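Structure with testosterone present.
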Amino acid sequence: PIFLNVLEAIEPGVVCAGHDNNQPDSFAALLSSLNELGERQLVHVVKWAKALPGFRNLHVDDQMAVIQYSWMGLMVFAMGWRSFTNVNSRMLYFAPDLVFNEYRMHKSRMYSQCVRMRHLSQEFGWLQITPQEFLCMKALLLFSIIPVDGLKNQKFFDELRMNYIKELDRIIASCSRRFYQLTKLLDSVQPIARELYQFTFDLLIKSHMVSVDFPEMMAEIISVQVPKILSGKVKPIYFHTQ
Amino acid sequence: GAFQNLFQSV
Ligand SMILES: C[C@]12CC[C@H]3[C@@H](CCC4=CC(=O)CC[C@@]43C)[C@@H]1CC[C@@H]2O
């Protein structure tokens with residue numbers, strides 16, 4: 001199984017946030033650490049994406065675009081998986097040094113979003129999602145959000161997305177019920193990512209008033225790319241009608 | 001240019 005071999009081989013390892021767990025929880029400390037974690041994970045997501053089967057078939061502009069649109073969903077989905085495998089979804093396992101209990105969910109001012117992420121984590125358990133299903137689903141998330149007006153070479157993207165869908169189907173191969181379930185789960189990531197994009201955009205704009213630090217790439221992406229999503233110029237590709 | 005710089009740096 002060449003395709004699964006590759007997904008297993010390229011899967012990123014552990015990423016720490018650099019959070020100081022000796023200091024009391026505060027909104028500014030928790031969010032600054034999540035932002036730094038995003039910056040660190042972005043590096044891993046780029047290295048991973050560039051090594052995916054067929055990724056280099058895309059126009060280079062589109063390679064960069066899909067990463068910059070899909071990172072939130074990719075990272076949330078992976079975090080939900082870590083939470084499921086590490087703490088049975090009892091907490092949000094952002095990183096080994098940044099685990100959210102209910103108190104942190106509250107103090108982050110992101111409780112509603114955290115609730116939804118924890119629900120996503122629980123779904124991995126409720127659906128008995130396999131590691132191989134997780135890997136295929138996560139790869140497909142990279143190819144699940146594009147400009148309404150299309151990419152630089154839409155044809156190459158369409159073909160690549162088609163093949164990742166096929167790879168997910170073959171790993172499934174009850175099969176119809178399963179595929180329906182997994183595509184529903186995939187769709188569910190996108191509204192969660194949208195809420196997080198709105199939250200982080202609003203936070204960036206007022207960051208100087210709440211002492212929240214945004215690293216360089218996060219600040220750029222959140223001000224340059226994320227607004228395309230929030231303004232409706234870039235939209236998720238849903239399997240099912242919402 | 002920060003993301004692009006990362007992307008090209010591998
Ligand atoms: C964007 C954000 C920092 C990066 C966070 C994001 C929540 C989801 C998330 C999960 C991860 O595992 C990596 C960091 C990210 C990607 C946070 C929501 C508000 C904060 O500004």
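Residue numbers begin at 1 in each chain, while the letters A, B, ... track the order of the sequences. For ligands, and for the atoms within them, numbers begin at 1 and follow the listed sequence.
Taking every copy into account, the model assigns testosterone to ligand 1. This structure shows the largest set of contacts to testosterone (ligand 1) coming from the chain the PDB entry labels Androgen receptor.
Other chains, heavy atom under 4.0 Å from testosterone (ligand 1): A. Site of testosterone (ligand 1) with heavy atoms closer than 4.0 Å: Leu31(A), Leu34(A), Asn35(A), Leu37(A), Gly38(A), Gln41(A), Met72(A), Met75(A), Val76(A), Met79(A), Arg82(A), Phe94(A), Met110(A), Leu196(A), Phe199(A), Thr200(A), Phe214(A), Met218(A). Atom 15 (C) of testosterone (ligand 1) is not flagged as protein-proximal [any protein heavy atom, distance under 4.0 Å]. Against a heavy-atom cut-off of under 4.0 Å, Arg82(A) is close to the following atoms of testosterone (ligand 1): 12 (O). Between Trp71(A) and testosterone (ligand 1), no N or O atom pair is found at a separation short of 3.5 Å. Ligand-side atoms of testosterone (ligand 1) in range of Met75(A): 12 (O), 16 (C), range being under 4.0 angstrom from any heavy atom.
Mapped onto UniProt domains, most residues of chain A near testosterone (ligand 1) sit in NR LBD. Remark: testosterone (ligand 1) atoms within the under-4.0 Å shell around heavy atoms of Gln41(A) are 11 (C), 12 (O), 13 (C). In terms of protein heavy atoms, atom 7 (C) of testosterone (ligand 1) is closest to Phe94(A) CE2, 4.1 Å. Each of the following atoms of testosterone (ligand 1) lies closer than 4.0 Å to a heavy atom of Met79(A): 12 (O). Residue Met110(A) approaches testosterone (ligand 1) through these ligand atoms, each under 4.0 Å from one of its heavy atoms: 18 (C), 19 (C). Taking the UniProt 17beta-hydroxy-5alpha-androstan-3-one-binding residues of chain A and keeping those with a non-hydrogen atom under 4.0 Å from testosterone (ligand 1) leaves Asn35(A), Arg82(A), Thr200(A). Each of the atoms 19 (C), 20 (C) of testosterone (ligand 1) lies under 4.0 Å from some heavy atom of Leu31(A).
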